[PDB]
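Depicted below, S-pomalidomide in association with Protein cereblon.
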Amino acid sequence: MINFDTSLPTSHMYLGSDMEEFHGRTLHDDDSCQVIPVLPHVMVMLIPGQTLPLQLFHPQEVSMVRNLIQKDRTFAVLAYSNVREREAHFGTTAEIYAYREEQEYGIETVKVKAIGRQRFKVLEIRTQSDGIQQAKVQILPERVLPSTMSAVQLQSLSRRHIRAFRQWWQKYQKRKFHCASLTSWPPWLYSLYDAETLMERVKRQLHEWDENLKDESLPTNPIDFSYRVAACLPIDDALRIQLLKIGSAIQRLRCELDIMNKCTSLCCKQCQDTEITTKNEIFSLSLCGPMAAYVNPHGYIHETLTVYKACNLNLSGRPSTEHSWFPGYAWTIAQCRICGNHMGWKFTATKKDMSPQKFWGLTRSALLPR
Amino acid sequence: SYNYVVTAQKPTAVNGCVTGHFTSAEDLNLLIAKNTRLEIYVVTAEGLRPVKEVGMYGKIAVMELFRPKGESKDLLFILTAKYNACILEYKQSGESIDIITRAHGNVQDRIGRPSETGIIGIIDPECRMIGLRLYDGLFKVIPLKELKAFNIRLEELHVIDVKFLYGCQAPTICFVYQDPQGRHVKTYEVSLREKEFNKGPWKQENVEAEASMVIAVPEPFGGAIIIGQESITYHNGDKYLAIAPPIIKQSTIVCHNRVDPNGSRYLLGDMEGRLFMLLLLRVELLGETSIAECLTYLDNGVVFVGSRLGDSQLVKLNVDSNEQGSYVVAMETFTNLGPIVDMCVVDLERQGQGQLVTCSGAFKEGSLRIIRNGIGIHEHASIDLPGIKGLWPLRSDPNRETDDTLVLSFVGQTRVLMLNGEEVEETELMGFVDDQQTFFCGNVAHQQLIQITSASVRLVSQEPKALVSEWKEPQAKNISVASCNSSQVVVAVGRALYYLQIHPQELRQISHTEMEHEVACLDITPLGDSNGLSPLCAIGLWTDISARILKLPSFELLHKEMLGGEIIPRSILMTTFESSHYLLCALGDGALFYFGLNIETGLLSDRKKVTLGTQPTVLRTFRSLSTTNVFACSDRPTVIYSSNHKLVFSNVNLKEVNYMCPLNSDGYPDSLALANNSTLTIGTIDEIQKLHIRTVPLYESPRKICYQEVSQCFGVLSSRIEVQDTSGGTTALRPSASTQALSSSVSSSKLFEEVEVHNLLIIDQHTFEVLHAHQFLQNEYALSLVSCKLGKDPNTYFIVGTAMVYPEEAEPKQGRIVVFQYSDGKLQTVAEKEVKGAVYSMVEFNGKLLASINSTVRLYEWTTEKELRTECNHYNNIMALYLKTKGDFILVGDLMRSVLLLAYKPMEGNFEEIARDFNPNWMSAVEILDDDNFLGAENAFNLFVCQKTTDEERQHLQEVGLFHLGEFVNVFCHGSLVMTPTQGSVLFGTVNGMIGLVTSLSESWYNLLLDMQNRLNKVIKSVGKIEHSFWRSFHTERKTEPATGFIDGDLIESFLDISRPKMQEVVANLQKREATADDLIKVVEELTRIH
Ligand SMILES: Nc1cccc2c1C(=O)N([C@H]1CCC(=O)NC1=O)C2=O
Ligand SMILES: [Zn+2]
């Protein structure tokens, strides 16, 4: 069993404690048009509810956020379809929740912690002289649908509220979808579209990853739940955008279950056929899931996936604890054996009593579920 | 695209029912909710009295009667699914009945999550308020003009059921609620003067884990009776009484009713149709009924069973059990088509005459329903007598009340038949001539008989049969036309008319006149409270083509209508429908004119023309179920009846009828003697209504249906529930269609507690008997069914798409496609193709088989070796539930409205994704309308229509039609129940048993009718004062948008029903080109002909 504090990574201690905290929430009306600033050096896709850590030192970015704090506190994170020609049709708004200004080495620096809020549709990207861009965006509403049975049942059967619990789920299907007999589809078909059902199917995989998981940590709402799960699936950029386009929590959960079932091996994106890890080695060392976004000392965001065993990896250099994202663990650079692609890091415990004693931090940009 | 939607059949299913004194404080009333309809009745004690039927601009959710303090009768509260609230009072003044709004308003909240246990509408016993549970965490209060409302923060979020407690100083509500700890019953006191909740009279007592309903019991008892799965418990603070009867374990109690007003007896009803009596605690099983949605105790012993899954009922609760042991006996059955889970249009009987066979009901109430336009006849005798020119019934015995003689007329001859019970025999009535053609004969004044022939008027006595009087034209001329009642005779001799009176042993010539032109037809039917003496004579003339109302005896012209044309009036008739007097006049071209007639003045008003046939129509009056009707004999035989003081015309299912008369004999009671070109048939008429419904009970669930013409039979997918027996398998619950098959069979495996058993039934298109039943594999769930010809093969195969369903599995991993051949009264399995998923849908795609396997879409080729071969595949990422086609254009559908259009490239041998659309909403049905359009059913009882230079434009579909139907469509079907203004015809079947029709309109015809709708809505008074625009607004929990590209045919059709000055108001400045009211009558009439 694991004795590491799963909460520790989510707090981004490497970013330093003693940060100005903001509480007040900003939310734009659905389908409403907005003009939001874009941080020039962010290239990661942000899913709503996901924590984005930043370490900004470019004067134009520092001044951008410093001004952003004085107002809205929200910026636009673009989901690039082609990162090279910097093409993006969708994105997510990020609201700063923790902020800190420092001055060191002749520069003004700022460290932020933002959170995904609202998905948007890019309407036009206008660029400012300072380098930072603005984005005319259209807020995409989250589409909440009622029970599959809500419409069909306007009757007496309405007041039938929702090991060994295996039979409860059977009694649940038989009961909740009894009115399917009035329709042209079976109760087992309606299950494939039931938020509670789809969620318990996902919760099944989440418990295979976090062996020490308590259901209270997980969101109850399928809207927050579909998004939390979306952000910890080590998938390619093309598939991630497809997931970000999804308007329904049901369509999202259904998508995630398909990805989860068809996922087997995780290879090196560069040589494509070199297997690095498998679905069975993934485990949640953080509360926000097996995979999460972290910042290196130069502001580059690495979405890293925690696995117990990795295969064709070569380490270089000796372990370091500098800027470690998992406190109590030292990291050593890991590359693909075949091509030399930087795959992430090997994390090793600094104390003999720690569990896990070793794990692997693999960046998703280096992986391919092929 | 612009469409027109109309109701072919109103919803049949019962949503709720109540008893009270709504009409008068004397009459016991039964109010039945059939969704958008409200049927109001009086308990006849010897039946059910139909008073009024009112339609509404909403789906009824809540329906509860109430009398607040001093009132002459009862006030009715109704709340719609769209949160329209109204208090309705009854108002009657003579033959004029009107429902009156007393208060109205929309109770919907700006925010809030609509509760899981649905809308709950309770009322305080003292009529102090209305309690509404529409949203979780709130309790809305309407203190019973604009229905002013307010909320109360209700702490316990998950409320199961709630009722207002009886006998309380301060109004109290008792509710079953669930929390993570468990399910507990609680009390709260609702304050109006403080607009808040305060601690209830008693403690939060813990109830059953599956406690479902609260039953508020009146004084002297008080408190509440909580009902669960295994237990029935009672709570009154420090008073408790917990019982767990085993008899209620099998099924959950879904509905109740109060029997004794004090609260000593309650009716209880489960999901299996078992009826229980909760006595004050003891429970006793009474018997079996239809699966009751709602129950109502009325009068003494009689119970109303309001069923949504099957035919509704009237049953008797006897004090003594019968031989079987049932204290329940069925009196009357009420046809319910709901739910329509699948259907098809088949030309059974006559080609061109479409019939609709549906998969109706569920479980033990499962049935087939055959819906055919027009009334039918039940033949009891058939006689070879060609060339009948007339039919008349006689009572040759004055001492007898029944017709024992039938008189037939032929070219220049008269034959007489005697009815010795069921035996028809050739005879000669003494006094009557057989060598002359008869124009009339019947029983007349002073125990006499009359015979009007081409030569004379003969008066015959009954004791004995002999000629007592005879009348002839003075120059021995021939009688041309003749009319006769009981005291009077009016005969034409070319242009001349003669008025005679029937006296004892005398035919007295009262008066005579000469007409302007030749006489064509005559009628002297006495109307109103005229004791067999008519002061009026209706006459049709040649050349001028006029219908004239003449006075008797003077022969004075009262009115003269110029019918217009070159076609002479052939038949004329004066009649009374629903106490309103009318004049009917039929022309030689099959056209029928019908006016209202003033008995005092003689004025013909409200001229209406209807096209009945191609041949001259003959009008004969007959009685059916103590109601006067008119049979219109032509090549399209029709019954002319009255419904809401408007004349209705329903067709008869007979090739042609030339002449008819009503025969009421000892052997043939309350019968109809009908004659065509070759034969005379004596029979009984069906129910006088537009559509006819034949019921084929299956006693199991019909799921799917299709038709094989080459086999003269239907393919029906059905399922029956069986229980796990103390053996290596299962046993049935009752005999059903799949068990009682003529010849039986089971599937042979080649692939690797209550059970659902699936079957393929084979039913003969005439008898409707289960010729064969093929039982599917254990755990095999049959999904899709198609009867087609594939490849080069000339044999029609019944194809079934299955899914192997296991509890552990969520999405079927296995499935089959099974090809069957129906030969020698037994299904022969041709091909068995195992697939890696569920076969949700299958369609015959240009000699190939298109079938969905979960997410994938497969095209199969049928080889000479007689087995399907995989051609091309399309992997969709969206479940292929819906699969519709037209040419090389394919529609793929998801339950969440994710539509995508595919195209098969023949030379490439692959699928091309034309367009896609993903806008999540629940979708129940979809059908392709044409090459560029498709129709569908969307969440919150709506209908939609999607349509088809740049790629990012052509690859996207646009939503052109949006309409709130108020019904849940399960099936769309191309066809018509009828034998140009509109394009196409798609029928639709709903959960409530409602059938509808969707047709296309032109751009300007749509605008004409849309403009007309806005004008009609300014005239028409809405029940509960709901705006029609609001009712038809495409509605979801999210958005409410006005209806687009759709015309409410039901609203358009009520133009023919509004007052004539109101029609003038609607058409005034309507239109650019001007529109006459006469132009708009024709257009609206033309639209009523589509259904
Ligand atoms: N000090 C440097 C310097 C350059 C790049 C990196 C670091 C560094 O510490 N990490 C990761 C290693 C793994 C970790 O836990 N935190 C990091 O910031 C880098 O990518
Ligand atoms: Zn590599």
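Residue numbering restarts at 1 for every chain, and letters A, B, ... go by the order of the sequence lines. Each ligand, and each atom within it, is numbered from 1 in the order the structure gives. Determined by X-ray crystallography, 3.5 Å, according to the entry header.
Across the structure, S-pomalidomide can be traced to ligand 1. With heavy atoms closer than 4.0 Å, the chains neighbouring S-pomalidomide read A.
Residues of chain A contacting S-pomalidomide are mostly from the UniProt domain cult. The Zn(2+)-binding residues of chain A named by UniProt that have a heavy atom under 4.0 Å from S-pomalidomide are zero in number. Measured by non-hydrogen atoms, the distance from S-pomalidomide falls under 4.0 Å for these UniProt (S)-thalidomide-binding residues of chain A: A:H323, A:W325, A:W331. By chain and number, the binding site of S-pomalidomide at a non-hydrogen cut-off of 4.0 Å is A:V295, A:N296, A:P297, A:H298, A:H302, A:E322, A:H323, A:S324, A:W325, A:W331, A:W345, A:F347.
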